[PDB]
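Notes on a structure featuring dihydrotestosterone.
Chains: lettered A, B, ... by order of sequence lines. Numbering of chain A is taken from the PDB entry, so the residues present carry the numbers 671-843, 851-918, in order. Shown for chain B, in order and in the PDB entry numbering: 1-8. Computation of the quantities below employed the complete heavy-atom set of this structure, encompassing side-chain atoms and omitting hydrogens, waters and symmetry-equivalent molecules. In listed order, ligands and their atoms are each counted from 1.
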Amino acid sequence: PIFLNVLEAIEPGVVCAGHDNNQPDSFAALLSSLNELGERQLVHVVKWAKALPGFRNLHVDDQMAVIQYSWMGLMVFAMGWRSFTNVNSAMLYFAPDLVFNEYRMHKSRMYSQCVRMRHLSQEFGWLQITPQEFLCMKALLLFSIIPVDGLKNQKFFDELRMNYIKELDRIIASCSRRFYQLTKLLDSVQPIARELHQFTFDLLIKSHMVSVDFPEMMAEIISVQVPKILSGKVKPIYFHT
Amino acid sequence: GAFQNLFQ
Ligand SMILES: C[C@]12CCC(=O)C[C@@H]1CC[C@@H]1[C@@H]2CC[C@]2(C)[C@@H](O)CC[C@@H]12
C-alpha cells in the first residue's frame, strides 16, 4: 500500500508551544502560547502538505491557498486525535507543554469552542477510529475548503480530492455505515473551525487591548485569508448538507 | 508575504 506508507512516513512529530507552566493561567499568556504553537505547527503543516501524494499536481498558488484556508481544521483534527490517544479525551492536548484542563478552558475565554473540540476528540473513541482512518481523513481535510469562485487550476484539485476520497473508502474496505460516519465526523470539524476562525479574528483585532501576541505569519494569515472564509468567499466542502 | 516566505 504505497499510499498509507507515505501518509505514515510524513506524519509530523511532537511540537511544543514553549508555554511557561509555572506562571498563573491568564488569558493573555495562554492565548499568546496557543498563537506561538499555531505558528510552529504551520511550519510543520506546510512541509507535510507539500510531501503528500499528488500535491504538486496543484498550481503553486493553489498549494499555498489550500494550506492557508485549511490549517485550522487540520490542526484541530490532529489535536483531537492527540487528546484521544494521550489523555483519553479528558483534556485538550494542544502540546506536551500545553494541556488544557477545564480551568484553562475557562480562562482561555474559548470554553464553548474547547468543549466542542473535546466532543470531537471523544468521537475518535466512540467511533473506534483507527490510526490509518485518522491519517486518511486528516489528508482529506487539506482538500476540504476552497474559494466559492474556484481555484486557479481547479481541475487538478477536483481530481486530487476524488483520489483522497477513494483512498479512504478503500481503507474502509454496512461498511457504507462506516463511510457515512467518517464523512459526518469530517463535516463536524468545519463548524468548530469556523468558530475558532471568528474567535481568532476578533482576538487579532483586539490584540493590543488584551496584550495577546500574534506571530508574523499568524497575523498575516488571519488578516488576509481568514476573513475570506468568514465573509463567505471561501467555504468548506461538506459531504452532507 | 510572511507565509509565502515560509512556503518557499
Ligand atoms: C490551531 C491552534 C494551535 C495548534 C492546535 O493544536 C490547535 C489550536 C486550536 C485553537 C487555535 C490554535 C492556534 C491559535 C488560535 C487560532 C488562537 O488565536 C485562538 C484559537 C487558537
Quiz item: According to the PDB entry, what is the name of the macromolecule sharing the most 4.5 Å contacts with dihydrotestosterone?
Solution: Androgen receptor
Quiz item: What other chains contribute a heavy atom less than 4.0 Å from an atom of dihydrotestosterone?
Solution: A
Self-check item: Element-labelled atoms of dihydrotestosterone that are located less than 4.0 Å from some non-hydrogen atom of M749(A)
Solution: 6 (O)
Quiz prompt | Contacting atoms of dihydrotestosterone, where contact means under 4.0 angstrom from a heavy atom of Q711(A) | solution = 4 (C), 5 (C), 6 (O)
Practice problem: For atom 20 (C) of dihydrotestosterone, find the nearest protein heavy atom and state the residue, atom name and distance (0.1 Å precision). | Solution: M780(A) SD, 3.8 Å
Quiz item: Are there protein heavy-atom neighbours of atom 2 (C) of dihydrotestosterone below 4.0 Å?
Solution: no
Practice problem: Would you mind finding which of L701(A), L873(A), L704(A) brings a heavy atom closest to atom 19 (C) of dihydrotestosterone? | Solution: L701(A)
Quiz item: Which UniProt domain would you name for the part of chain A holding most residues in contact with dihydrotestosterone?
Solution: NR LBD
Self-check item: Closest approach of any protein heavy atom to atom 7 (C) of dihydrotestosterone, naming residue and atom
Solution: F764(A) CD2, 3.8 Å
Quiz prompt | Shortest reach to atom 15 (C) of dihydrotestosterone by a heavy atom, considering only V685(A), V746(A), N705(A), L768(A) | solution = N705(A)
Quiz prompt | Which of the dihydrotestosterone atoms, numbered from 1, are nearer than 4.0 Å to a heavy atom of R752(A) | solution = 6 (O)
Quiz item: Which atoms of dihydrotestosterone sit under 4.0 Å from any heavy atom of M745(A)?
Solution: 1 (C)
Practice problem: Filter the residues UniProt lists as binding 17beta-hydroxy-5alpha-androstan-3-one in chain A to those having a heavy atom under 4.0 Å from dihydrotestosterone. | Solution: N705(A), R752(A), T877(A)
Quiz prompt | Nearest option to atom 16 (C) of dihydrotestosterone, as decided by whichever heavy atom of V903(A), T877(A), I869(A) sits closest | solution = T877(A)
Quiz item: Counting heavy atoms only, which of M742(A), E709(A), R710(A) is nearest atom 11 (C) of dihydrotestosterone?
Solution: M742(A)
Quiz item: With a cut-off of 4.0 Å on heavy-atom distances, which residues and nucleotides contact dihydrotestosterone?
Solution: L701(A), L704(A), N705(A), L707(A), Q711(A), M742(A), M745(A), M749(A), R752(A), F764(A), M780(A), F876(A), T877(A), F891(A), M895(A)
Between dihydrotestosterone and the protein, which N/O pairs are shorter than 3.5 Å?
residue             : atom   : partner : partner atom : Å
dihydrotestosterone : 6 (O)  : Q711(A) : OE1          : 3.4
dihydrotestosterone : 6 (O)  : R752(A) : NH2          : 2.9
dihydrotestosterone : 18 (O) : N705(A) : OD1          : 2.5
dihydrotestosterone : 18 (O) : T877(A) : OG1          : 2.8

